[PDB]
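Cytochrome b, liganded with atovaquone.
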Amino acid sequence: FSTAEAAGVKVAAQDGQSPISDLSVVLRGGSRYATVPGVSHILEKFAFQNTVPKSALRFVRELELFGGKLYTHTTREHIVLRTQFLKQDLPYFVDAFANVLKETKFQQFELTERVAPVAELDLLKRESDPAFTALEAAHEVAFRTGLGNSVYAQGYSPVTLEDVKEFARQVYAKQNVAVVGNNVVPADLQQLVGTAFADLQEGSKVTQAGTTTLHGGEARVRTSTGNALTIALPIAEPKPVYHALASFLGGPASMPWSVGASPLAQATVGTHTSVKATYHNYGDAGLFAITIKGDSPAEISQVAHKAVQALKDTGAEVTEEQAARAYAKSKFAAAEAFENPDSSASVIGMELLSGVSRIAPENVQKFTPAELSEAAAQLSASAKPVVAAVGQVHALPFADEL
Amino acid sequence: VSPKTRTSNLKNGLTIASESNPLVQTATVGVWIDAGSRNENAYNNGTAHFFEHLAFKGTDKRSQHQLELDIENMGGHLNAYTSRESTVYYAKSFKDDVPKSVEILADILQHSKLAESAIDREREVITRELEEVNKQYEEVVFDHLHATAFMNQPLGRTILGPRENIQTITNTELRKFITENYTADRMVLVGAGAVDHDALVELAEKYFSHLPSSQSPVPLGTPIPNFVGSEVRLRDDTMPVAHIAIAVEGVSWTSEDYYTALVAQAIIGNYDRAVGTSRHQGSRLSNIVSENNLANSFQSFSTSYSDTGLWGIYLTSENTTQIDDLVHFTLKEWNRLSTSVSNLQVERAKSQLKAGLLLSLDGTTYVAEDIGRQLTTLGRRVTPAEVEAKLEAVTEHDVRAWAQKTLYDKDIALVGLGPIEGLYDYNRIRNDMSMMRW
Amino acid sequence: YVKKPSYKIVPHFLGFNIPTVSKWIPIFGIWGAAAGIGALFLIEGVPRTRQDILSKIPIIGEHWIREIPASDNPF
Amino acid sequence: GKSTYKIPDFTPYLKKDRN
Amino acid sequence: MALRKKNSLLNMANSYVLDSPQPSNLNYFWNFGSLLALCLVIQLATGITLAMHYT
Amino acid sequence: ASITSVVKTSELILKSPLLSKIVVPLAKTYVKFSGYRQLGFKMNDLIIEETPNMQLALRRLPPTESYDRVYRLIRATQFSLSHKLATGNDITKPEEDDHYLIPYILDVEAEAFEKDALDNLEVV
Amino acid sequence: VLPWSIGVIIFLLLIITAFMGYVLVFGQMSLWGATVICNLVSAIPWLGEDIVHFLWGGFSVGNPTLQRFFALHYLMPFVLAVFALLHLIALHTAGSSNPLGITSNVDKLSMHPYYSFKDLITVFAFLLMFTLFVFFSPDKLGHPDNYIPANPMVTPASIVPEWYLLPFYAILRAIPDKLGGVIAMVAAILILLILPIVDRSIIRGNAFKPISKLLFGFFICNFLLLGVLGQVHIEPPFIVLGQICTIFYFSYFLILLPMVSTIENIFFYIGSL
Ligand code: HEM
Ligand code: HEM
Ligand SMILES: CCCCCC[C@H]1C(=O)O[C@H](C)[C@H](NC(=O)c2cccc(NC=O)c2O)C(=O)O[C@@H](C)[C@@H]1OC(=O)CC(C)C
Ligand SMILES: CCCCCCCCCCCCO[C@@H]1O[C@H](CO)[C@@H](O[C@H]2O[C@H](CO)[C@@H](O)[C@H](O)[C@H]2O)[C@H](O)[C@H]1O
Ligand SMILES: O=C1C(O)=C([C@H]2CC[C@@H](c3ccc(Cl)cc3)CC2)C(=O)c2ccccc21
């Protein structure tokens, strides 16, 4: 991705040999920047609604004539709007993003009838997975505000059209926009973005209201639709070793119909439960989570004990073999992340919008057993452990039990 | 312009097909087999799926645990799926981990232990899978749809097989199955991503050279299906959403009408109320359904097999009192494929497909799945230029001709699952397959 | 590179356009034949229909040329 | 009796040339 | 629930002549509908009666 | 006829200096004689609403404007049945006769007519 | 539009019922009326003349015709009551309109007691007018000639149909062509079917449309003028006058209403800005 600049907008493109271009506008407008709860999700779903030049209807019907697709998501850090189209149709999609950032008519009816109902369906579909809810709840406990704001719009806290319009005034500005083109000729994109986003506000860098504070605690979301448990440990100093530790501890199977040879995977033997260790870097804070879903609260409780034991055992001793297995699983995770278009866009988005150089998969650091055991030790000896239980919460573990 | 798909053969008849992408750092190698559940008879139905479990249950060299560790150490993952006509076994890894993965795949396919102890262990695991697919409503509908459309024929069988078979599958009949079916002339080793073709052919010469060849080597994607217009209703008032599939006998991979049927499928299109853009799609049915809140979703499909296919639509709806309207309007939209379509719909759908057929291939696993699917169904990879030419050849007249012979006034296979009290009886649904006004 | 999709709106009226209607022109033809055949069939009994239409048809038309002998006709 | 994927026997009624 | 609403036959009468919700401001020109109904009833009564006497 | 039609045609008239000079005074007198203001209506209260499009426009009204519309219609219905006219504050003053609904129906219809147009597009 | 369109058919059926009933007296006007109505189908080319004979069941109006008119006059009112019921059922989806032409969904009243008691006032006012005719002047609305028995050899020199058919009769007289005259007369009723199309107003009804109310006043008065011209002698200058009134009648639906309704739309919008 040759990072450049076109009329004050950061543009990253990587030419390829494919008939398919993905052009992504990454906005520094994720939930951590959210003025009110859920507004970044609403703003994401309000992209490609009616603009002044072109109605949502006309946009969608013309996009289908080029056979383009549109995909949007919100993270805690960014909103990503990605279009997938054929190489040749690049100018149209550049101009369409320009129309979205410059001239979206945020009309109250779109919010009532179109955007809010779809945002509500988006979140209900995600919550069908109790693991999602547990990890969302865990961020809420761990960070409270900022990173702790919910990513998604919920019914209990309504976003008004004034809230979304205010947020979009800040976000839709040269300072918070990165254009990332996968399989786009970098010279051609700079020229197009330079003509299309010239009249975009300069605006200001969106900032998090307040610095990131970490906290421990418990969240007990009573659902009837599956059971999950996150054991999260907020990190005050995000380090790349937690990626290695996440991949080492593992949890998912690397083979169909198997358990896996990862410590967390071996914690699920005898149970129809899954486990996944994940680490989320947010620049200034981090979250190491171990999420356990399953249908039996008794099994989840059983696994949760084994899971925290596994982390303590890692703090004791890692073998050289295990450390190499971690390097391999971590390099692989980095590679497939840079391949998947959704995550790719946000990776380079981070690099462009913040300044955090992307760690290329070929440059992922090899962590010694010393460094990994040290990292697991810090986590086992965390002063602020978070535990988010979802489902039959009366039967799931509590933080002080773990 | 995508890079050229290179193709080589071995002596035994194993095809190696590769598409390099020097822009990515991972690589998906795998083996696509032109064999699946369809290749069983009624006694050993479920064997192919059974094998998929046992493939990862250890080999003559590496045990189950050693296997697990070897792949963990590689860094990527292995994955397999058995369908009715195709079995796939692939390994996504890093660029320089490809020799390990080809070696592991060659081992699990040729030199699987299939130990009585492991057969007996999986016999419970697979039995439990029979009562957990129950939840995947899409799959329940489509499994019933095949069962009914191809009543008592090989395609009509499920993949998991009946409970009875799972209890009686022996290592003998598993061995016999993979000896008869997983032959070199029926397999394609596919590499996509950071693979060199010449390197992959060397790996195939090293690992897949002692593969059995079949006695009678037919070309890849070589097949007698007699579709049954029929319905299954699985009424379940406790379910909130009704899932209905309707299908007619569709087209095989090699049909002259294959592209015409895809175009037709794109004219009806898909719809999902959860996607923001879907209320604005051009599809007539999409407009009717969204304006009237008739469905949560519909998804046209055209599933093809070597010698037949199903073409149809899969609907989900919570509007349980207007399912009659939903089915009515859907089939009236199919009728208009026969009576009304003109250059307006056809050119719009062709434009949406010209992109769609290339959009699908966006990661190394999708590319590999496309290479593998095409090589095992057509015997060659069809280049984007040839695909664009075949689509351009589809005219409005061709779509009308195809619809009039395939859809219009034809028997349908209808499966309804859930609160489908409101779905009328078979006659009234089938009566909508024609228009008295035409 | 393509800057804009290339299309026109065809003239339309009450949701009919000439492409669509032109595909139905044959069908109106057949329904007009069905209405013609059917109408003529309904009035085949009407004496004027025989006199002026049906008796004029070659070969077949003799079916409708029937005279009552004046010996058997009171009127 | 149990499996819903084993369509009941329709051979007494099914026409061979149905299509 | 009121009989007039429960019973299918009464419910049809009810919906026309009793509970039928009408705008509150209809003026006297909305009365012709019922006069035409009355004419129609008179015509049927006198008509059938004349038919008993007419040849 | 569609509100779009009426609004575009009105805009053609208000553009042409000659036309506006002769039509605007006519229309103002017409509206005075129309006398809907004497029942406390705004012009837009009189638009036929039993149409898909209009029902959708009326659902889009802000709650405030919607509640007030209901009140004006109730009040006018009551004047009508009593054969009285509005007096005092109930009479719609020219400054209160705002086109509260026109923006909503024009948006509804804009989309509906675009939808009809795009249903008839021909790839070139 | 549906109750309206069903209504237009009720209006045609009433005309045919009332006419078929007129013929049953078999006075002079009765027989002649029968002749003319049964000859309107002669307008229909080719088959026309044969249909006429078929509807008479003879070569002239005679016994056969009178007996079939009796059968149908008895029947037609029950058909008319069906259609009257149907147009109410069609109306029940939208409910009655109201004199403001706004929705009434905001303010509804039960049919009873309010309109039941309101309808009694007109029942009694109707019966007062009924009583004055029936008891005091039963023959004011009748034609003397119907008290002469039917003589197929003469038609009265003063042919004037029922007061209510007079408007369409003047229309039929106006047009000097056979088929023309018949078409125009039927079209004068069937043209009501197009009001839903040709009224281009965005506003329902005329309470608030001064120009439309004036146009409607002239249309109604013209329909009354046609009525009057239906009963004068066919002489100058009423021949030309009847033609002008016929053109005005049709031009209301075809020209004036579409134009006036378009202009008033614009006047409402401009006038209220
Ligand atoms: C036997 C003759 C008829 C009877 C008994 C009859 C009766 C009625 C009644 C009771 C109503 C509802 C109350 C009212 O509005 O007055 C009504 C409404 C209506 N009638 Fe008639 N009607 C007859 C003939 C006609 C004709 C000939 C037409 C049209 C040409 C017509 C059109 C309508 C319409 C459009 C309505 C709805 C009007 C509204 O309430 O705004 N009817 N009729
Ligand atoms: C809409 C309903 C009806 C209308 C408009 C209607 C109209 C008429 C008219 C105008 C006459 C000529 C009356 C005269 O000048 O003497 C008449 C006669 C007659 N009607 Fe009706 N009629 C209706 C319903 C009925 C019904 C239901 C019957 C049932 C048989 C009937 C039986 C008669 C009979 C027997 C005569 C001839 C005796 C006579 O002239 O009085 N009518 N009708
Ligand atoms: C006994 C139940 C059978 C249902 C049908 C009987 C009649 C029926 O429904 O009566 C109702 C009272 C109706 N009036 C109204 O809608 C009405 C509505 C609003 C305002 C007023 N008045 C205003 O001030 C009304 O008057 C009416 O007069 O219509 C007759 C014609 C109906 O006859 C038939 O269709 C069948 C047949 C005898 C014609
Ligand atoms: C002499 C002829 C014999 C039958 C004539 C009697 C009256 C005509 C009835 C036919 C119309 C019935 O058609 C249907 O009936 C139902 C049953 O009340 C009515 O239904 C109406 O009232 C009911 C309750 O009162 C409501 O739930 C409903 O929302 C409303 O539409 C309506 O009127 C009409 O939707
Ligand atoms: O010449 C006529 C004549 O024209 C009508 C006429 C007037 C109304 C016509 C009519 C009006 C409207 C319709 Cl929808 C159908 C017929 C029917 C024929 C008569 O009723 C008449 C009665 C007695 C003697 C002569 C005559």
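Every chain is numbered from 1, with letters handed out A, B, ... down the list of sequences. Readers should note that the entry appears only in part, and the reported contacts come from within that part. Values below: all heavy atoms of this structure, side chains included; hydrogens, waters and symmetry mates excluded. First listed ligand is number 1; within each ligand, the first listed atom is number 1.
Lab note - all copies counted, atovaquone located at ligand 5. Other chains, heavy atom under 4.0 Å from atovaquone: G. Binding site of atovaquone at 4.0 Å (heavy atoms): G:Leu12, G:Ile15, G:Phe19, G:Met29, G:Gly33, G:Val36, G:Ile37, G:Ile159, G:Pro161, G:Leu165, G:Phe168, G:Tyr169, G:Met185, G:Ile189. The PDB lists the organism for chain G as Yarrowia lipolytica.
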